[PDB]
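What follows is a model of 23S ribosomal RNA carrying bound dibekacin.
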Amino acid sequence: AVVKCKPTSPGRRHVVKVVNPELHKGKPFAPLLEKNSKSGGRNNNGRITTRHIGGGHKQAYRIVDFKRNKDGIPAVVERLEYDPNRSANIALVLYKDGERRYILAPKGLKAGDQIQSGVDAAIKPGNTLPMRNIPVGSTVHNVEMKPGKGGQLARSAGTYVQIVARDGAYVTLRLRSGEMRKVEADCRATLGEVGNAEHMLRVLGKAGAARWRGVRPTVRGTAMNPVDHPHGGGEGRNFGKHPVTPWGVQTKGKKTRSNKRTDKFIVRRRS
Amino acid sequence: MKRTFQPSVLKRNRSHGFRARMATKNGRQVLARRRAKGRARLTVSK
Amino acid sequence: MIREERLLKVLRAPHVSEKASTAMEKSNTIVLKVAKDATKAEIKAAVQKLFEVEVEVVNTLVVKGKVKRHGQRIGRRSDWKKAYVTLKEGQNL
RNA sequence: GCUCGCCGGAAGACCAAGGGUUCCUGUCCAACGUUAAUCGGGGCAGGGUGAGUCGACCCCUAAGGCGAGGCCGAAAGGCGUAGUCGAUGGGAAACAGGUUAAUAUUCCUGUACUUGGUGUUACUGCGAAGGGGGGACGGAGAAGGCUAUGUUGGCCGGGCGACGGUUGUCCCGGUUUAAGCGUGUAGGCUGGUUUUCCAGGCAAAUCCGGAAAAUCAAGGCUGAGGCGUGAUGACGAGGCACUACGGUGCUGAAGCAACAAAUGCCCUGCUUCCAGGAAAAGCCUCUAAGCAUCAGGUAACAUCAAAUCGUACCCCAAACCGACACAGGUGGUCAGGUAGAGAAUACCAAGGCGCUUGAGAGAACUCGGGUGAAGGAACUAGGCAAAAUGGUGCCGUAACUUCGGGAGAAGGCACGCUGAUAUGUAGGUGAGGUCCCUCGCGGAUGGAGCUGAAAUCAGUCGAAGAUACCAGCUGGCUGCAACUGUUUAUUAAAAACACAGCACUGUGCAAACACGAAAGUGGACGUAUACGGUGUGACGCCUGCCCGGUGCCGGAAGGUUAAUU
RNA sequence: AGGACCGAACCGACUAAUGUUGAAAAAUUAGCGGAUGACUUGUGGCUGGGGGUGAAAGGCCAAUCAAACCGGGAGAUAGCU
Ligand SMILES: NC[C@@H]1CC[C@@H](N)[C@@H](O[C@H]2[C@H](O)[C@@H](O[C@H]3O[C@H](CO)[C@@H](O)[C@H](N)[C@H]3O)[C@H](N)C[C@@H]2N)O1
Ligand SMILES: NC[C@@H]1CC[C@@H](N)[C@@H](O[C@H]2[C@H](O)[C@@H](O[C@H]3O[C@H](CO)[C@@H](O)[C@H](N)[C@H]3O)[C@H](N)C[C@@H]2N)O1
Ligand SMILES: [Mg+2]
Ligand SMILES: [Mg+2]
Ligand SMILES: [Mg+2]
Ligand SMILES: [Mg+2]
Ligand SMILES: [Mg+2]
Ligand SMILES: [Mg+2]
Ligand SMILES: [Mg+2]
Ligand SMILES: [Mg+2]
Ligand SMILES: [Mg+2]
Ligand SMILES: [Mg+2]
Ligand SMILES: [Mg+2]
Ligand SMILES: [Mg+2]
Ligand SMILES: [Mg+2]
Ligand SMILES: [Mg+2]
Ligand SMILES: [Mg+2]
Ligand SMILES: [Mg+2]
Ligand SMILES: [Mg+2]
Ligand SMILES: [Mg+2]
Ligand SMILES: [Mg+2]
Ligand SMILES: [Mg+2]
Ligand SMILES: [Mg+2]
Ligand SMILES: [Mg+2]
Ligand SMILES: [Mg+2]
Ligand SMILES: [Mg+2]
Ligand SMILES: [Mg+2]
Ligand SMILES: [Mg+2]
Ligand SMILES: [Mg+2]
Ligand SMILES: [Mg+2]
Ligand SMILES: [Mg+2]
Ligand SMILES: [Mg+2]
Ligand SMILES: [Mg+2]
Ligand SMILES: [Mg+2]
Ligand SMILES: [Mg+2]
Ligand SMILES: [Mg+2]
Ligand SMILES: [Mg+2]
Ligand SMILES: [Mg+2]
Ligand SMILES: [Mg+2]
Ligand SMILES: [Mg+2]
Ligand SMILES: [Mg+2]
Ligand SMILES: [Mg+2]
Ligand SMILES: [Mg+2]
Ligand SMILES: [Mg+2]
Ligand SMILES: [Mg+2]
Ligand SMILES: [Mg+2]
Ligand SMILES: [Mg+2]
Ligand SMILES: [Mg+2]
Ligand SMILES: [Mg+2]
Ligand SMILES: [Mg+2]
Ligand SMILES: [Mg+2]
Ligand SMILES: [Mg+2]
Ligand SMILES: [Mg+2]
Ligand SMILES: [Mg+2]
Ligand SMILES: [Mg+2]
Ligand SMILES: [Mg+2]
Ligand SMILES: [Mg+2]
Ligand SMILES: [Mg+2]
Ligand SMILES: [Mg+2]
Ligand SMILES: [Mg+2]
Ligand SMILES: [Mg+2]
Ligand SMILES: [Mg+2]
Ligand SMILES: [Mg+2]
Ligand SMILES: [Mg+2]
Ligand SMILES: [Mg+2]
Ligand SMILES: [Mg+2]
Ligand SMILES: [Mg+2]
Ligand SMILES: [Mg+2]
Ligand SMILES: [Mg+2]
Ligand SMILES: [Mg+2]
Ligand SMILES: [Mg+2]
């Protein structure tokens with residue numbers, strides 16, 4: 001549920017938050033936790049390779065099952081949990097053999113719900129099947145790109161993929177971007193959409209909230225000097241240039257995709 | 001006011017010590033140059 | 001067993017001072033200059049064999065050498081090792 | 001030596017870092033010390049640093065470093081696997097009293113504790129590089145229970161006052177005691193037990209996880225403090241006695257209670273929130289191979305051992321960083337009394353100092369302050385500076401507003417002391433006694449004693465009672481920027497930058513993009529509700545026309561056009 | 001609850017005076033801003049010179065910055081003094 005905050009202070013006036021009373025209030029499941037330290041956008045040369053990364057809250061990593069490989073064995077959703085590593089919520093599920101895992105929580109999943117993966121699984125949200133067994137016209141998420149690799153597409157909060165056609169060994173998928181892509185029919189998918197669809201309705205409200213998430217300030221190129229950015233310079237506010245990146249590449253409309261290896265799988269670009 | 005030299009023995013040895021100089025071929029050339037000049041003190045080590 | 005060559009090397013000199021005299025005449029402790037590499041066990045064994053006295057315990061400290069000036073030239077004296085050797089209350093060394 | 005003054009959340013005390021003998025004693029005064037110097041952090045000589053328990057070393061890991069092979073690169077090298085290092089973090093154990101000129105949780109006295117090697121005894125399934133548990137973790141808030149500690153009373157010893165009074169409801173001094181061991185309380189968490197079964201835990205497991213029954217209703221864990229013992233001891237005012245007058249010998253009374261009370265402890269707790277909060281070992285446990293009347297394990301006892309290095313001294317500073325005995329800089333610990341909300345401020349305690357040229361004089365002028373007739377911004381670029389305001393409670397408070405604000409708007413009233421209510425109230429705390437009790441660190445009752453605001457009435461002094469220190473000037477119109485933030489270290493703090501929000505655009509994951517001759521790495525252990533770039537810059541009402549030019553995107557017929565042939 | 005309010009520690013640096021062969025190669029005094037946060041701070045680590053880092057001032061990178069420092073080419077060149 002989205003709640004607007006009362007304007008008790010200027011940093012609070014514009015805040016809109018997403019409060020979900022159904023998320024676990026305790027600690028995460030420890031055997032499925034790992035460490036992950038922050039990079040600051042720095043690679044192994046120590047150099048910044050992505051700008052505007054740094055700080056923010058310390059976060060533990062939750063091992064999430066994207067493969068969904070325990071087929072034939074039903075699992076019950078123990079609970080829903082907050083995951084700081086992603087926009088979607090996760091679900092702690094317990095298998096009939098005593099194994100516990102984390103999965104992406106699809107829309108409508110609640111504690112006590114039952115899920116299953118495999119060719120034999122029923123066609124209902126949360127179940128994972130090969131798309132060759134999934135009917136054409138279905139809404140799926142956590143979609144594999146290579147058989148056995150694990151879900152890579154439609155993982156963000158509220159996202160989903162539409163199975164549009166099936167021809168031979170390949171399904172055609174409509175992705176959130178609007179792209180039409182070919183994937184092998186033996187690739188697995190999970191039925192339903194990713195939950196937490198109201199994630200995009202939150203308003204941060206203040207600069208500090210973005211700082212909490214590890215985002216550092218963006219300085220406009222025009223605000224710099226010519227030595228620093230192609231947009232820099234000028235007595236007062238001047239632009240008079242075609243907009244480019246800090247490295248000199250046109251940044252309003254110029255296409256940058258060049259992958260002839262995967263061109264053949266695209267039926268239609270997003271436009 | 002805070003001046004530039006803030007002494008720390010551990011940092012001094014890790015930056016300029018004998019083993020730091022020997023870890024790289026350029027540091028070994030520093031040691032060779034100082035030996036050829038006849039320095040009484042090769043490094044900050046002692 | 002520490003060998004007798006080592007034991008004869010370990011002890012260097014008796015230490016003479018007001019504190020040493022007070023230690024001997026109050027707590028039955030002899031103060032000795034010993035080898036820089038001498039351990040407490042070695043000092044105990046050496047004192048026990050060469051002075052024929054039963055030893056209670058050995059305390060040791062390393063004495064850092066002084067920087068001195070000789071003829072307006074700067075030198076340093078050697079570090080040495082001091083041992084407080086407490087005898088067993090009836091020994092009279 | 002006596003007096004005076006200054007600091008006292010420090011200008012006291014203890015450290016880390018850094019320094020390295022500056023520490024103590026004797027001796028000297030050339031130079032050094034902004035003067036003299038008999039003095040010194042100066043010269044010279046001698047002395048001084050004592051550890052199973054403090055710290056390091058050591059075991060364990062973070063970031064990160066290095067890195068057998070290896071992958072990559074003209075060479076040099078780059079990256080990285082297995083590993084191995086790397087604390088600022090995790091991992092056993094000692095306290096009190098005494099002592100030196102100078103060390104002390106290290107020496108001595110008393111009383112402890114930990115880990116390991118053996119050996120004797122008793123019992124006995126042990127076994128890891130593997131499994132599980134544990135270690136192991138955020139912010140904010142709230143309160144109870146405590147303690148350190150303080151105050152008063154009681155007690156013991158002493159006093160009867162240089163000037164009116166002072167045998168009393170008077171004055172002064174002391175009124176301390178640890179670790180350990182036993183007990184197990186306030187609080188906090190958790191349902192326990194037995195039986196059978198199993199697609200999970202890289203194999204096994206009796207461990208963990210899962211399932212199903214029966215059974216019992218209290219079982220376990222954790223945990224401040226208190227109490228007892230430690231302690232017939234130690235310490236202890238003073239008293240008696242030496243001095244080579246700097247310090248030391250003997251002896252020793254009381255040593256209690258009530259109240260107040262933390263920012264310390266219970267508490268790595270509890271409540272709540274979102275931004276969702278290390279790792280590994282030690283430790284517990286489970287088995288595998290295997291050992292298998294051996295080894296090994298558990299328990300008890302005796303014995304041995306616990307090495308090595310540091311330990312002086314300064315440490316907000318004359319010893320460190322600043323060329324100086326330099327108004328500078330420097331992380332952690334402790335936190336007395338009166339007033340006070342307070343770690344502010346004033347004055348004091350313990351403790352420490354008067355800042356290494358003095359002595360006069362009492363011109364101009366400079367600096368830092370006090371006061372000022374009448375006027376009151378006339379000054380000036382400008383109210384710059386100064387002056388002024390200033391507390392608590394209560395009454396009261398406009399436009400406008402995004403309904404939160406504006407607001408402490410503005411403005412006004414009360415304020416000391418004494419007595420009464422009430423010889424100390426409301427509240428808080430709570431002894432004996434009394435009864436009961438799943439019997440103790442229990443419950444109920446009862447209020448003694450202690451502490452103790454605030455109000456009203458009556459009075460009373462002064463020019464003045466928030467009397468000192470301390471401690472908002474206020475209102476109106478208008479530009480800019482929404483706002484908190486950031487910035488030209490050292491002439492610019494702003495209207496500049498950022499910002500939440502908006503838009504365009506790229507990007508289908510071996511993503512775009514960035515650092516890399518490369519291998520790789522970041523993006524991201526993310527996946528279009530995501531990520532990068534660009535512009536704009538909360539919010540409200542909005543954002544019109546132009547694609548001719550430059551760019552970008554799409555097209556592919558035609559013309560032209562490279563290597564090649 | 002809060003990038004909430006007043007206000008010490010702590011962090012900063014808006015005004016004035018002093019000082020300008022300084023007590024000080026950037027401070028002192030009186031006022032001033034933030035003071036639970038986009039806060040501050042200890043220890044250690046990483047990024048290297050056409051490179052880094054930059055809530056962007058050409059700021060900062062050891063009192064040095066529109067291209068650090070050190071050594072070398074090197075006695076660069078200097079129609080200039
Ligand atoms: N400068 C003078 C010092 C300063 C420190 C201050 N605390 C007091 O100390 C004394 C202290 O008051 C004296 O307690 C007496 O008086 C108290 C009430 O006033 C009573 O509770 C107490 N029962 C009574 O015995 C004590 N005997 C000696 C202390 N030195 O006077
Ligand atoms: N709605 C009316 C609001 C009510 C609240 C009140 N505080 C004021 O707020 C305004 C505030 O006064 C304004 O500052 C002016 O006045 C100050 C003092 O004279 C000057 O220092 C300042 N240079 C000058 O600009 C400010 N520009 C904008 C604020 N909205 O007017
Ligand atoms: Mg960005
Ligand atoms: Mg931005
Ligand atoms: Mg932007
Ligand atoms: Mg930009
Ligand atoms: Mg830019
Ligand atoms: Mg600029
Ligand atoms: Mg350019
Ligand atoms: Mg212009
Ligand atoms: Mg222009
Ligand atoms: Mg001893
Ligand atoms: Mg020692
Ligand atoms: Mg005196
Ligand atoms: Mg000396
Ligand atoms: Mg001295
Ligand atoms: Mg002199
Ligand atoms: Mg003379
Ligand atoms: Mg001297
Ligand atoms: Mg090799
Ligand atoms: Mg390497
Ligand atoms: Mg490593
Ligand atoms: Mg290691
Ligand atoms: Mg450490
Ligand atoms: Mg001392
Ligand atoms: Mg108490
Ligand atoms: Mg000491
Ligand atoms: Mg001086
Ligand atoms: Mg000084
Ligand atoms: Mg400080
Ligand atoms: Mg003060
Ligand atoms: Mg005068
Ligand atoms: Mg004058
Ligand atoms: Mg004058
Ligand atoms: Mg004057
Ligand atoms: Mg005046
Ligand atoms: Mg006047
Ligand atoms: Mg007048
Ligand atoms: Mg007037
Ligand atoms: Mg005028
Ligand atoms: Mg006027
Ligand atoms: Mg005029
Ligand atoms: Mg003024
Ligand atoms: Mg004033
Ligand atoms: Mg105007
Ligand atoms: Mg602004
Ligand atoms: Mg605005
Ligand atoms: Mg505007
Ligand atoms: Mg501001
Ligand atoms: Mg400046
Ligand atoms: Mg300024
Ligand atoms: Mg975008
Ligand atoms: Mg990918
Ligand atoms: Mg990838
Ligand atoms: Mg890549
Ligand atoms: Mg983006
Ligand atoms: Mg960008
Ligand atoms: Mg703007
Ligand atoms: Mg703008
Ligand atoms: Mg923006
Ligand atoms: Mg053509
Ligand atoms: Mg605030
Ligand atoms: Mg600054
Ligand atoms: Mg100031
Ligand atoms: Mg403010
Ligand atoms: Mg404030
Ligand atoms: Mg400029
Ligand atoms: Mg500089
Ligand atoms: Mg250049
Ligand atoms: Mg040449
Ligand atoms: Mg020349």
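Just so it is clear: chains get the letters A, B, ... in the order the sequence lines come, proteins before strands, and each one is counted from 1. Be aware that this covers only part of the deposited structure, with contacts counted strictly within it. Scope of the values below: all heavy atoms of this structure, side chains included, with no hydrogens, waters or symmetry mates. Indexing begins at 1, ligand by ligand and atom by atom, following the structure's order.
- The ligands or chains attributed to dibekacin are ligands 1 and 2.
- Heavy-atom contacts below 4.0 Å between dibekacin (ligand 1) and other chains occur for D.
- The entry gives the source of RNA chain D as Escherichia coli.
- Counting heavy atoms under 4.0 Å, the binding site of dibekacin (ligand 1) comprises D/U151, D/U152, D/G153, D/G154, D/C155, D/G173, D/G174, D/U175.
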